[PDB]
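Complex: S-pomalidomide / Protein cereblon.
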Amino acid sequence: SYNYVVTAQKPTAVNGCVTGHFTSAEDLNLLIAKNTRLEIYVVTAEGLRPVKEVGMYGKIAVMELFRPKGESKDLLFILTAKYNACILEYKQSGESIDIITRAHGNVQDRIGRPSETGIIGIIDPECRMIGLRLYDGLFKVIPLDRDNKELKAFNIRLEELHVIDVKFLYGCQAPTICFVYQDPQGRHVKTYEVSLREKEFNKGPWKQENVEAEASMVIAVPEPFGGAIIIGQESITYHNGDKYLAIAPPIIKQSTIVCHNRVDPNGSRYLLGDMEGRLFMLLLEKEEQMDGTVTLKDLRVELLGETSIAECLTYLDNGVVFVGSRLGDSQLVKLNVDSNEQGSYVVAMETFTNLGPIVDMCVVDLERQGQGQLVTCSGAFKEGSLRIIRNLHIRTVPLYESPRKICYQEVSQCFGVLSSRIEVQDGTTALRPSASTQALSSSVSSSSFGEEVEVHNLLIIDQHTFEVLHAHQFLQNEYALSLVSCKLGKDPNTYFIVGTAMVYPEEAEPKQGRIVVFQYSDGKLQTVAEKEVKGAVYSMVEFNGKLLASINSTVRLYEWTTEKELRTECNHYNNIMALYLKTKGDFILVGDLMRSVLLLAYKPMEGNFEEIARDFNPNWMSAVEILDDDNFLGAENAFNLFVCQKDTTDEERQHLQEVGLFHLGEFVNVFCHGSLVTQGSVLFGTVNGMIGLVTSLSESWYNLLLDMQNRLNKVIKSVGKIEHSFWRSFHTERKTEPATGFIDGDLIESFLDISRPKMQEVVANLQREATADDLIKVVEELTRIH
Amino acid sequence: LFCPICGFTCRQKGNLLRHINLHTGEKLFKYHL
Amino acid sequence: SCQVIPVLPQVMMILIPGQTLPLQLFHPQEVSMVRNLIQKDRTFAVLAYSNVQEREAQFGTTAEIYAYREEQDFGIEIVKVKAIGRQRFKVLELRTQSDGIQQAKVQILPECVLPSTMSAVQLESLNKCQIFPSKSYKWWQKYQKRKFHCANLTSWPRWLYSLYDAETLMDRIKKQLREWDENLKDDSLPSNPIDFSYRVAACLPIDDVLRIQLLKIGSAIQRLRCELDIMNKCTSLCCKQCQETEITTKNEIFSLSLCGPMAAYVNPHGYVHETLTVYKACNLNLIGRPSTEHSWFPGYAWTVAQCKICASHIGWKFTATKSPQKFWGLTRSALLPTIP
Ligand SMILES: Nc1cccc2c1C(=O)N([C@H]1CCC(=O)NC1=O)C2=O
Ligand SMILES: [Zn+2]
Ligand SMILES: [Zn+2]
């Protein structure tokens, strides 16, 4: 199988941000790390001014800055999710900018299981070593001498397997490590002293202490204080040897504190963000002992205000804060000395678009010029919205609740959107005004104390004004899974059909579910038909004028009788749960979460499904799709794409061999046919917000482009010197296979950027002998599609 | 007269042979009796 | 990867890893085989016979002997052994020595251990909270709300990812097992999905072909899901030969003493019966008189039981003089589970 993958919209989620003097020792820099993309901005009075934006062959994962003695500017340490560590330096020669690679290496332990708490990276404040926690019970150390040009590392065997969080401590005679670890007794903070000469731990400066049962964040306070600060949900505790100061303010009780930052160089002020987007300031008050040293007196916390759900917080000088978010738009908030009348000190200066997470998407030609636009359901919680993408121009429509699915009715000129909002049980009370609660007309379906329930709505949204025309609230304790718009049977009306599952917390697998049929006309959404089923309706498709439903582990076919009632025609008990259902012609693709693809065909004359092929390869999927009659494309675990191909013996005719793999580097929620401007064009969304595009090449072009790639990989220089075939190798957390049948579109499209002298050596002896002009024309032709 | 497999009891043979033959097993007598 | 292992022929039962298999051995050939194997590696291999012709085996398990004894009574070399299944192997070829020595070239299958569902989409910021104190309904409702908090980023809800989680799926099996024993201490069962699934598979009344199906599923989560599927949907047991005469329902299944609901026992003549203990039974006629003899359960006399339609031996009725006064033991081979 031959395929072509191009990224039509670079990832926009923010993995993490750092601040420091990277570009120059005289100016401030802010480094954002979106998935695989590193953006270096220069901070100024007006705001961020982009200076560089590079793309690494890896997920940034860990990023840090450090200025070892003897350097003018700060070096940048990046460890990727594939364990490619690299120390980089920024070198501005005249008007030309290029990131130099001081050192690189692959710090991976062969035998081990990745820590369930996640990769942790930390740097000694004196910059003597780099500490990495990758695997339980092992603490990897990288000395930072000038001889480690390959990042040689050695492991220290920790005894406390479960380590929640770890930091280095400011102020000591040897690099000290303080960490919170959980054992059956509870959570304890413990300190070790790292010794390079012996390559092991020694008893720390102060013994272990017991802490809050959830104590799950460690902050290393700088001089003159020293010591550490431990944060949970319930209490904040400052430990420094004998000194112990605990404060349990009621204002942080409601939400977990998930990110932190140091505002002032002396640690007097810290910024804390919680899951629901609130921003607090943690104050440290100091006393001066007569003929002694400064000591901490008390800890105070006050609610600065409300921002976007905070994934990373950094403090740009002059009271600016860059709130990054993976669930919503990032922003630059301004901290005032006094609160506005609403009672909050935080105001918003600028907002940065974040398309991800893309939970569903659909291609629609609103203006009918033959080049369709795209609509995506982005964000979660209060950040949810609809993004309208066209040729790359993006428009936003906030909802203030999580959108889940989407479909388009051409005749009604409206979008159907499933949405979910969280309501407290204190009847239930809404938290904030939402799209579903502020609809022009509302309908309600009929047929503990602080617990948070989910209320689900179907929203009819006009396609031009994007105002919520209608909102239909579903039954209590009902969860809507699927949304398909289609016309069934000979019926001339067009319907919004919804699948829902009745989920009670006491149960495990839903027993009851519904298939509802709504008709939107004359400004009203009336329920036309309703079917009770014994299961959850995970997926639904329009199968040649019939409704294909996935009732638990079953594919059922409903015909639309003249009396307007769904009527069963055939069933196929197919063992697995038919979560992913796709159709083309007569072939049906069925899959569950753990791979297990299964291709059926609906025998028309007989009237019952017959299994045609199946492939059971236990591995998590994100979504599947059909490229053509014979090729199916899906996403496996660890951010991978894969292609199966239906085909001699019967066994060979019933085995969907994999004929292509690719480490896309993102989670692919949804695939959808359509192009925004090679046969076919399957767009796909992602969690990071990247929108990609897959097309089917011809054999000749596929060979040509594969050879051109293999040639480029010997010319183009990647940041940190990461072999391209390594970054595109398949990955399953203990296994790797080379990519096959997939042409990396970004690498090819980068051919245009390189200048003529490199062009000539890239094109030499390729495949009449081709010349730079012919390859330029071919690459232009490839660029046209996206 | 005992059935070597299940413990069925009888006073004559014919019932015993019928009962043993009714068993749906490999009846590896040479490895059991 | 690849190895050669010997097979004793008299053992006809699909052994599941972790299950305890007791045997008596009579004929000289197996006596020599066991006395040669005991000194060497105890790698007894038992083939799951797909064909009752004893000449077609695809999957099997490498049993391990852990108890050995000899009883030279009756003037002859009776020997009694107890082994346990360890690993699952694929039959490459059957290189019989032609002496009845069924030497098999096989390969040891692995266990495909997958990572947690939400290990790819995990939010790195809140990843520190993934660790949480271990300690009930509210506790599970909090476990689901904490571990799959990132389910918002993907197109499926939390409760759909809780159907594939090892721990939440273990808990349901634990509940439905405790409903059978009434004295199953939480700590008796293992603590990891592989061992737990293998142990549960060894107590269900799966007849022959739904075991070779379980025995050939590599993924532990797959085995847990399939076991819970069997345990929920199928609740009635019928005669294997008749296939249509109900003898009992799962709710009457009753464990006795320390062993689970179903346990392996050996009759006086060396045959192996996986007996399942139940309070009540129906459609069975009793023959004989209550006689103790070699009663498996001390203090109980037994009478042979066979279904009143095809007269095939189904089990025994155990009674005692004295708790419970009357119960039944049904051999697993003769029982076929069926969907109500
Ligand atoms: N005395 C005999 C004699 C022949 C066969 C059997 C027994 C016998 O006791 N059992 C079972 C049934 C009774 C029991 O519980 N233990 C057994 O070994 C037999 O199959
Ligand atoms: Zn018998
Ligand atoms: Zn019968």
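Lettering: A, B, C, ... assigned in the same order as the sequence lines. Chain A residue numbers are taken from the PDB entry; in order, the displayed residues are 2-392, 710-744, 748-768, 781-980, 984-1013, 1024-1113, 1122-1140. Numbering, chain B: per the PDB entry, residues 17-49 in sequence. Numbers in chain C track the PDB entry; the residues on display, in order, are 77-211, 220-406, 410-427. All ligand and atom numbering here is 1-based and tracks the order in the structure. Heavy atoms only: backbone and side chains are in, while hydrogens, waters and symmetry mates are out.
To find every copy of S-pomalidomide, look at ligand 1. Other chains having non-hydrogen atoms less than 4.0 Å from S-pomalidomide (ligand 1): B, C. Source organism of chain C in the entry: Homo sapiens. Counting only heavy atoms, S-pomalidomide (ligand 1) sits under 4.0 Å from the following UniProt (S)-thalidomide-binding residues in chain C: C:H378, C:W380, C:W386. The contact region for S-pomalidomide (ligand 1) on chain C lies mostly in UniProt domain cult. Besides S-pomalidomide (ligand 1), no ligands or ions with an atom closer than 4.0 Å to that drug are found. Per the entry, the name for chain B comes out as Maltose/maltodextrin-binding periplasmic protein,SD40.
For S-pomalidomide (ligand 1), the residues with any heavy atom closer than 4.0 Å are B:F18, B:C19, B:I21, B:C22, B:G23, C:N351, C:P352, C:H353, C:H378, C:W380, C:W386, C:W400, C:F402.
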